[PDB]
Amino acid sequence: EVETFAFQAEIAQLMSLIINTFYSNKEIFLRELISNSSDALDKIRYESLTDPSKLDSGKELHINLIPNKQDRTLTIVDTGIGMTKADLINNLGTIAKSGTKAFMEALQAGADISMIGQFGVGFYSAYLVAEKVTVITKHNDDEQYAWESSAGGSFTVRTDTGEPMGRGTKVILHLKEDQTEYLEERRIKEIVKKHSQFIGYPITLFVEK
Ligand SMILES: CC(C)c1cc(-c2n[nH]c(=O)n2-c2ccc3c(ccn3C)c2)c(O)cc1O
């Protein structure tokens, strides 16, 4: 059972601009996703302070990076708070808590898209490098769900029949054919060192066999 949704107009416009831009500094997508993971880890850590049982679904707070040359995918996995079905639809489908309109105004005025995270929409920088993004998520209070979009104005959500996660979020970037450099461990390592060295949660790069 698959449900289809439309992006809010402003989000569709943002995705269109990102998807199509010749913006060369594409490596920033990774720090944005890592930053989101860190934020979600902050969220579960915070809740756990007053309700320890929230970590029954897993005590480890970490971020894993998983390149897959065979599938041409780069996966970012965290054990953060995850998202309920409602959270998932709202966070990805709407302006939600972000400064999306101010960002679009700033872009029109010639701002650098590296500022995207400052406007609370860093996730969409994934489309600099990905033709399709899948987001699998598990929150303590809901089932495991899979969100996906290849842009073009719509996304889908379905209950995930994949491998169960205890709790957290997995972002699967289905890379553009010209963007396979982000499957190279040496490339990933350097991007993490440049832009994510002061994230306090452990970030582990899984080197391909
Ligand atoms: C949005 C992307 C897909 C994403 C989300 C979560 C997630 N799991 N539980 C959460 O609350 N978040 C989260 C974190 C940050 C966010 C939002 C919304 C706006 N910002 C800035 C949501 C994640 O762990 C990794 C990710 O890449």
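All residue numbers given for chain A refer to the PDB entry; the residues shown span 16-224 in order. Every number for a ligand or one of its atoms is a count from 1 in the order of the listing.
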Colleague: Can you peek at the structure and tell me the main thing ligand 1 is bound to, named as in UniProt?
Modeller: Heat shock protein HSP 90-alpha
Colleague: State which drug is located at ligand 1.
Modeller: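 It's recorded as ganetespib.
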Colleague: May I ask you to check whether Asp54 has an N/O atom sitting below 3.5 Å from an N/O atom of ganetespib (ligand 1)?
Modeller: no
Colleague: Source organism for chain A, as stated in the entry?
Modeller: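 The PDB entry says Homo sapiens.
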Colleague: Quick one: which of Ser113, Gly97, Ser50 has a heavy atom closest to atom 10 (C) of ganetespib (ligand 1)?
Modeller: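 Selected option, by shortest heavy-atom distance: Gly97.
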Colleague: Mark up the atoms of ganetespib (ligand 1) that fall under 4.0 Å of a heavy atom belonging to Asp93, in ascending order.
Modeller: 23 (C), 24 (O), 25 (C)
Colleague: Just jot down the ganetespib (ligand 1) atoms closer than 4.0 angstrom to any heavy atom of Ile96, in number order.
Modeller: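 Here the atoms of ganetespib (ligand 1) in question are 9 (N), 10 (C), 11 (O).
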Colleague: N/O of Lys58 under 3.5 Å from N/O of ganetespib (ligand 1), yes or no?
Modeller: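 Such a contact does occur with ganetespib (ligand 1).
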Colleague: Is the closest heavy-atom distance from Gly95 to ganetespib (ligand 1) below 4.0 Å?
Modeller: no
Colleague: Under 4.0 Å from a heavy atom of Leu107: give me the atoms of ganetespib (ligand 1) that qualify, with their elements.
Modeller: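 Taking each heavy atom of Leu107 in turn, ganetespib (ligand 1) has 1 (C), 3 (C) under 4.0 Å.
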Colleague: Using a heavy-atom cut-off of under 4.0 Å, does the side chain or the backbone of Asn106 touch ganetespib (ligand 1), or both, or neither?
Modeller: side chain
Colleague: I want to know if ganetespib (ligand 1) touches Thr184 in the polar sense, i.e. an N/O pair below 3.5 angstrom.
Modeller: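 Min N/O separation from ganetespib (ligand 1) is below 3.5 Å for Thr184.
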Colleague: Just curious, which residues make up the binding site of ganetespib (ligand 1) with non-hydrogen atoms under 4.0 Å?
Modeller: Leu48, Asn51, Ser52, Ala55, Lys58, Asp93, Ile96, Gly97, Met98, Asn106, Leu107, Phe138, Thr184, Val186
